[PDB]
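Along the sequence shown, residues carry numbers from 1. For the numbers below, each heavy atom of this structure counts, side chains included, while hydrogens, waters and symmetry mates do not. Every number for a ligand or one of its atoms is a count from 1 in the order of the listing.
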Amino acid sequence: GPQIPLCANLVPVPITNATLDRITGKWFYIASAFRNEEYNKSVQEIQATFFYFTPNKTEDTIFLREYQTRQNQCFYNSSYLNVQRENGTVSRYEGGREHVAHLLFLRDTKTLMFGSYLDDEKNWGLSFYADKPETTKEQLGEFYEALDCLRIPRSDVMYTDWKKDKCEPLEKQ
Ligand SMILES: CN[C@@H]1C[C@H]2O[C@@](C)([C@@H]1OC)n1c3ccccc3c3c4c(c5c6ccccc6n2c5c31)C(=O)N[C@@H]4O
């Protein structure tokens, strides 16, 4: 039977053209937690990350430009996401493998989450993003609410530190 636990702030919803408009623009990676060992190992080294979404509605794709600071250096990538409208997921090929994430929303309109491996209690997790590099306490509290649905302790959360970003001064020029 169905395996994804639904709770107040963890609700998959179909991606529409209104959804694609809402996620168009620049986003900042704020925090995440997973039961999946590989994702935990990767994201624990991330100091900062921001990225740009540019949807192509007719082709069911999103153009992605990523600016990630780790090891005190700026690293860049561009690629295309595939959009699964009815499933409410996006997918990409990265690191020689496919990734799929549920696009998830909270009550505050300027944040969003990616749900990873949500049908797998051994591996599930959430990553949290906002339209500014730092969120308010109440904004972050919604992410903690969603994490409670996956029964992951807040002590497992990894956070970016915007003071450590190296990409912003380099993105243009
Ligand atoms: C490939 N990225 C991985 C799979 C999934 O979630 C993670 C958490 C994973 O990164 C470990 N993840 C991040 C973690 C830390 C900072 C940024 C990201 C990020 C972005 C994206 C995606 C993504 C798009 C489609 C399917 C799965 C996805 N995942 C991510 C991202 C993205 O599109 N932009 C972000 O930089």
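Given FXV673, UCN-01, TP-6076, desisobutyryl-ciclesonide, the drug or candidate at ligand 1 is UCN-01. The chain that UCN-01 touches most here appears in UniProt under the name Alpha-1-acid glycoprotein 2. At a heavy-atom cut-off of 4.0 Å, the residues contacting UCN-01 are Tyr29, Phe34, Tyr39, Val43, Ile46, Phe51, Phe53, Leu64, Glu66, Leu81, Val90, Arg92, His99, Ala101, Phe114, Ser127, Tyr129. Taking atom 13 (C) of UCN-01 as the reference point, the nearest protein heavy-atom neighbour is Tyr129 OH, 3.3 Å. Close contacts between UCN-01 and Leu64 involve ligand atoms 32 (C), 33 (O), 34 (N) [criterion: under 4.0 Å to a heavy atom]. Every atom of UCN-01 with a heavy atom of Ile46 under 4.0 Å away is listed here by number and element: 15 (C). Proximity to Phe34 (heavy-atom distance under 4.0 Å) selects the following atoms of UCN-01: 8 (C). Atoms of UCN-01 found under 4.0 Å from any heavy atom of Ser127, numbered from 1 in the order shown, are 8 (C). Listed by atom number, the atoms of UCN-01 under 4.0 Å from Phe53 heavy atoms are 33 (O).
Listed by number with element, the atoms of UCN-01 under 4.0 angstrom from any heavy atom of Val43 are 11 (C), 14 (C).
The closest protein non-hydrogen atom to atom 24 (C) of UCN-01 is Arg92 CD, 3.4 Å.
The distance criterion of under 3.5 Å between nitrogen or oxygen atoms is met by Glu66 with respect to UCN-01. When only non-hydrogen protein atoms are considered, atom 6 (O) of UCN-01 lies nearest to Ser116 OG, 4.1 Å.
Here the heavy atom of the protein found nearest to atom 27 (C) of UCN-01 is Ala101 CB, 3.6 Å. The PDB lists the organism for chain A as Homo sapiens.
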